[PDB]
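Heads up, this one has sulfanilamide in it.
In order, the residues displayed for chain A correspond to 403-2125 in the PDB entry numbering, which applies throughout. Reckoned from all heavy atoms, side chains included, excluding hydrogens, waters and symmetry mates. Whatever order the structure lists them in is the order used to number ligands and atoms, beginning at 1.
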Amino acid sequence: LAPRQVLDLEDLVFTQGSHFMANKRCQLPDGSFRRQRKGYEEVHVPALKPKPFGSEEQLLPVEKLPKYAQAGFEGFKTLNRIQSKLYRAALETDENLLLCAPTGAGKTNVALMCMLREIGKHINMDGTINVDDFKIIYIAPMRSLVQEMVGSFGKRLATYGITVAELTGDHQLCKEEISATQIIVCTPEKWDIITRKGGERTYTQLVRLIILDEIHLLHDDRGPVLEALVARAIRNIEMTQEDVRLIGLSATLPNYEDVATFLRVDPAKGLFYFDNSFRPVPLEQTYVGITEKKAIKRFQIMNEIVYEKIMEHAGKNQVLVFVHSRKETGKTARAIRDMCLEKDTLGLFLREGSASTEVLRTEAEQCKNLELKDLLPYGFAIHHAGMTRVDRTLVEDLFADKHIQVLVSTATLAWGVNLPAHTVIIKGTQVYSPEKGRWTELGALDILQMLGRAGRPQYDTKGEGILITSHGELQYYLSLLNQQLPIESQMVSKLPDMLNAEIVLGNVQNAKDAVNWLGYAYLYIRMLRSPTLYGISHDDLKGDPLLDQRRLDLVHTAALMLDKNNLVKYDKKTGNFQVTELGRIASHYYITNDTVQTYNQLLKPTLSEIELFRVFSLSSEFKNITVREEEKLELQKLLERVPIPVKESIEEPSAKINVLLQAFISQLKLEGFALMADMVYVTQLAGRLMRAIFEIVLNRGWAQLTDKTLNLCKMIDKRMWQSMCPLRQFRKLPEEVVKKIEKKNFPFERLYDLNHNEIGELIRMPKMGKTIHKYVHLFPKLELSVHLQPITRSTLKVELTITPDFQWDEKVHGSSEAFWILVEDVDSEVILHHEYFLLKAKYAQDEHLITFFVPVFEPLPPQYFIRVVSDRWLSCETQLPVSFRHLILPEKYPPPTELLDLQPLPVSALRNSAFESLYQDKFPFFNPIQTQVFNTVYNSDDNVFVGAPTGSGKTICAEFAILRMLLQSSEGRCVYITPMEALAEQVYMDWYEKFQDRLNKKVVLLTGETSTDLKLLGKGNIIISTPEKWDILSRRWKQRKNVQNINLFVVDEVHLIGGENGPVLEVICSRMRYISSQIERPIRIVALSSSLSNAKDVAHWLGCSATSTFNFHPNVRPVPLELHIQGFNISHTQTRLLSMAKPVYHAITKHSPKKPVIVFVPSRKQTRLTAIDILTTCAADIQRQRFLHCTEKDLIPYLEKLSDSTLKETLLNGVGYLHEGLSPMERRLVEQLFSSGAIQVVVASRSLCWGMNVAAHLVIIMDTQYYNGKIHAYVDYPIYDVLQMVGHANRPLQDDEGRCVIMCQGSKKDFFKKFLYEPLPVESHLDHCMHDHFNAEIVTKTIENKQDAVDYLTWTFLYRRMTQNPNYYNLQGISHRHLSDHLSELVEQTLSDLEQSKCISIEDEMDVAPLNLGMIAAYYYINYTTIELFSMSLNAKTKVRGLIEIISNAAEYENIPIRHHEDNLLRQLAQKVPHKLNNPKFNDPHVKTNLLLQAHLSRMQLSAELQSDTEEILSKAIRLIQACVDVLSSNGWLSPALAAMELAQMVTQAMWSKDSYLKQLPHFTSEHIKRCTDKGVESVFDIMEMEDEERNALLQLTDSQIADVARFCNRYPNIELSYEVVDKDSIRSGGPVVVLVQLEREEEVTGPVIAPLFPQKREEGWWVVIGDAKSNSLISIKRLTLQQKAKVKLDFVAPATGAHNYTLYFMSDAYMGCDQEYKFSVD
Ligand SMILES: Nc1ccc(S(N)(=O)=O)cc1
């Protein structure tokens, strides 16, 4: 860091702004002549003769340019000279251009050619244009110019089918229909504001081309805005590494080549400069300058000058007279009218049609308003933006058809429309500037544009340009209009405000980056090329050619200002910058840094409305405003009429600004023309300044001032006071009708309770009654409902339900309405919590559930208030008290168990040498938690709880308990449960190699199927399982011996009991406790957990003493964690995500530049995007490959495996990523490289946070929400997922500390600050999941009566918490009476539900018994509502089609998620599948499971996540189908039962009901089968009996293909069937009939069922069925799995009268074409 020096900026700045001329000298063309007059002097420069054509360079006729570019040039047959000299550069290259041409030369159509080139790269063959793939931004300088640019461009690109729309003004949070526009047209200041936001990439992602029209605005006071835009754009292009083409369009002024440098233009390829010869129509010009200072006489001179120049054009010649006041237009038109008539009606009949050549047309349109009507009968007309509206557009008409001879207009016309006159006269050049608080000389931009309206391109060969101005000082205008006024940099003027925008953006983090930023500015180039202009000496430049000192000084000076005004924290030493919230707001709302200081110094929570209007007045953007003498009176009359007192402020600027704002809200008409210009200036600014004060004050939680300031923003926008009728906000309601309701002492709210007749009677306007009714019901209105529940004594969880109660109209509300959810304390003094809420039109009249947490303080208040205020509408709010009167706070939690700084335990504390051998090579001692826990877990047989921050190494704490069991028992039995499967598979691998390879005990992992799980539980010493797998086993604990005699039972992550799928965990742990006390040979419970606030309750529950319960606080974590929480106030998720991109990189460089980093992102697509962004930012930081820590050839053997191209590319650059579309191998590979240190950064999706055996030094969580398609909203990550992610920032061996940065919405910030720094409180949710467990317990006779059900509950964790946190479970009170009452009402409701669902029977009000439906639900582990639904929907006539629908409606498929835009995807799927659904909602998980079920049968391949869902669906499809069989057989329906069995075999093989049986064979296709049906092969048996040479002769093959096909036929069921009727003769009506089926196969069975498309290995299952096919009668059924051979017995009851015809059916649940049928008869 080099020494610095503070500069005087007011000395280096070009004070005079745009009017600055560094052009000390000057020259003139050939015609020099000047005429001296009395009062003034005339200067003449003649129109340049046209330059002869150069070598070739002929005009390019439209046919020459490409066929696709033909369109958009209708009306043209050839291109202009300019447009031809660069058709090649514009259309055939992508090079950056800078075009210098005179105004009117047609630079427009050059830019259009550039635009058409971009459109040309998305022609799409037959589809019109890939319109959603690109975007073009067009920066124009004036608002009026923008609007007509849109008009014209739309006319040219309609044939292309392209949307070009305006984006300028103040419309904040601009509509997402900008996604529908491809050419955004705007002003620089607007585009600067949009790109200051951060999420800019949401707009600019697709921007392939930006155009800078009238780029010579650089020299203007507005110039820095242009410098910022381009410097920002250029830098962003470097950071995305995505090409954006820049086109500069400029007027012919000096320094242009330096602008070409600025725009990264190649001088040789993309620079074009054309002098004044290339004007559209040659211009003869007069520059009259007045030498007379006397004010009144000065303007008489001027008026005399206008007069005589007009008259040199009598008949067929039009004159435009530009002036500089909305009203001066008339006082000049009538003045020349007074000048002409007075001197003998001078040259009248301007329209030389005394007999109506243009009089008949000018008197026919005469009935248009005020001054127009006056001047219309003859040649005079007028034009201004003075709200003249459609008149001025029909003045454009008549002036176009050259009827109107003389038009005097404001500058607006010159930019706004395309009408040129033969001669133009500009009068005065003086302009009032509200910002400077005075008159100044007008903008170079303005002059150039209007003077370039001289000479009609088609109707004129010459143009006359008269510029009237003051003689003194002004040949400025001559050099301006004759290629001589240079373009300079004004950057010093606005340096601190620009610096701040770049700091807030994250683009500059310190002084160093700041001087680099300056290097991208236009200022830099100019300081190098003209150091003397910019206050630098040639000697400084010589010894410092890059201007390091100057740029550092410049930056340091600015930074000091920003630090002083509290926008930026800046220290002299490091040169580092820190953004403050004040700076963030200042940048975003474009407010100068002086103002921020004032606001900060003045705003306080008790500001009055009177004082708030004062603070607005003191804003620095008003600092030059004064109170003139000639307005003193009008100001005093305004004051009396406005409502807010303006105290102590006499007529000072402060007071004037104050009443100017009030007068604007009050809609008071003005007459003072200086005053009107000042009002437009403060009122156009008032929106942003107010909104800035709003955000400042909202963020400090200031309740009263947030209300005041928000209302103030709404009042300025709606132009009405808060105390008028809300109905004024509807524009289409006649204003006198509204003032009529205000004239009553009548609350608006009451209109809701009146019909259209009572309303009409109230206003005594009967006609108006119905419309007022309509609008009353259009007004936004929300209803609120709250659901409260205490989490701890300091915090409560709040579920706010928001219910829209109004009629939606898109003409009034548009596509959405926004609201602020605020929660305030009792006194309404503090905002405890707030958040934005967006009510989309799509989901109006739809419930909305917002969940959040609020703080509370032990001497509790009676109420909090929740207000939901609209962000745009006045008087649109709804309030809801939240009573704390009956609130019961939870029991205060005990202190954490003290961490004992013991001497670290050595590995030799394990005495066993075999045991030590698997720890000694990794580490010498155990961590302080491991050593403290050691004596109790390794030298006891008793129950223990371990609560430590995730990462503390709790895994081996359980390993202690396992080793200790192995010591005690030879063939010990240990069951380990983890809530997550991905965790189970991780511990398996880790313990298999530890306990089976090293120690040779058995380690097994339970699976989906029960039989093979029972054997695994048999021979296993270590049983790994998830809770449901163990639930389905341990239900039958009475019957399965192996479940009882287990020695050690381990539960990991027991805090997950509080989460989703937590009840099943709670059930099985409780069962294990019950078994233990009921067998009197205790089972050892070891429970591992994250730090719990309520560990005592978990300890008591699992039978742990306090001395054997270890619960450590998060701040005692072996490796100290440094946690940072970073909020982003951005509601729109996709935007928020994008704006996190840079902070992600900055976190890596700040917190872990050398050590490993994991970045968690919310999705698959984001994982790839984030990694690519890190890479591209790396390269723009010039440190490309800085995350690679080996050579490329080190990686290449591993990368060769991978099949993702992009994954190779990123890894090659040091960054990996992990999503679920990668192979399990590809993921193992990436993890290996990461752990090795080779690659420094992995980006992973959150779903993978459980299945990653990888640790970093820095974990970054990039957003904490994900999309829920089911409720059309983004929802928060479970705190369990976040805790798990954070636990990854943990490397005990190498790191002194772990770091974690969590990036989230501001609405989520306070939440993380609580539940990450403190132990986590957990509750049960078993009460909302009670049915399936009661049903199972009743089926196994563990529950026989109501009392047993109450007793069962005493073993749960639910039972414990109910006393501790009653209001959480809806216990109104904590007495023992309340507990029993609740437990009883709970068992009552559950048992009554189970009975109504036909699962159980309640008898004598106390006893319960299992029924058929209950028994099948427990047997297949199916939810009770599912088999309730099955029995409800199944009938005698259901086919496979209805079966699929029924099964996909199961409640197990309720948790199949709907993801972002999966609806569009599923809608397409619906049109591709065989069966079409009726009224299908595409955000319905059951609709999706249906579609996926058909997609799987049709062998379609889909998105990766749709295939994961297809796998989840299939993982349950078989058990559900078997249930259907059971229910159908119970009802005795034959056909549906057989159908369900076909479904099982056709789900397995993944084929349809009438698909060829050959599809089961590998490698076969419809191409193959076609030649198989032709020869006569239809069955699998038919290829089986074929002899080898003939077999592969049928079609194509390979040695490996035939090998697989043959392998299939050796596992295919070759079974022979044999049957007999036992005592077939002595059988009688009503008696028993016994059918004995013998099954045997000519093969010894070994090998699972082969089914590549079914993702769960299953064994052959069979149904033996007997039926009557005539009556559709299922007589008897049996389900079996046979192995080699087996005897099957099944009986039934004989009917009457002898002979009956029966059928025996043999049915697979795994293969098609195996089904055998045998018919027979009896009696
Ligand atoms: N402007 C703004 C402020 C706060 C939030 S918040 N609290 O919802 O994140 C969003 C936008």
Which macromolecule in this structure makes the most heavy-atom contacts with sulfanilamide (ligand 1), going by the name UniProt uses?
-> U5 small nuclear ribonucleoprotein 200 kDa helicase
Give, by chain and number, all residues and nucleotides of other chains with a heavy atom within 4.0 Å of sulfanilamide (ligand 1).
-> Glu1097, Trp1222, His1236, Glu1237, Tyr1238, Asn1531, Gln1707, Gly1708, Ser1709
Per the PDB, what organism is listed as the origin of chain A?
-> Homo sapiens
UniProt ATP binding residues in chain A within less than 4.0 Å of sulfanilamide (ligand 1), heavy atoms = none
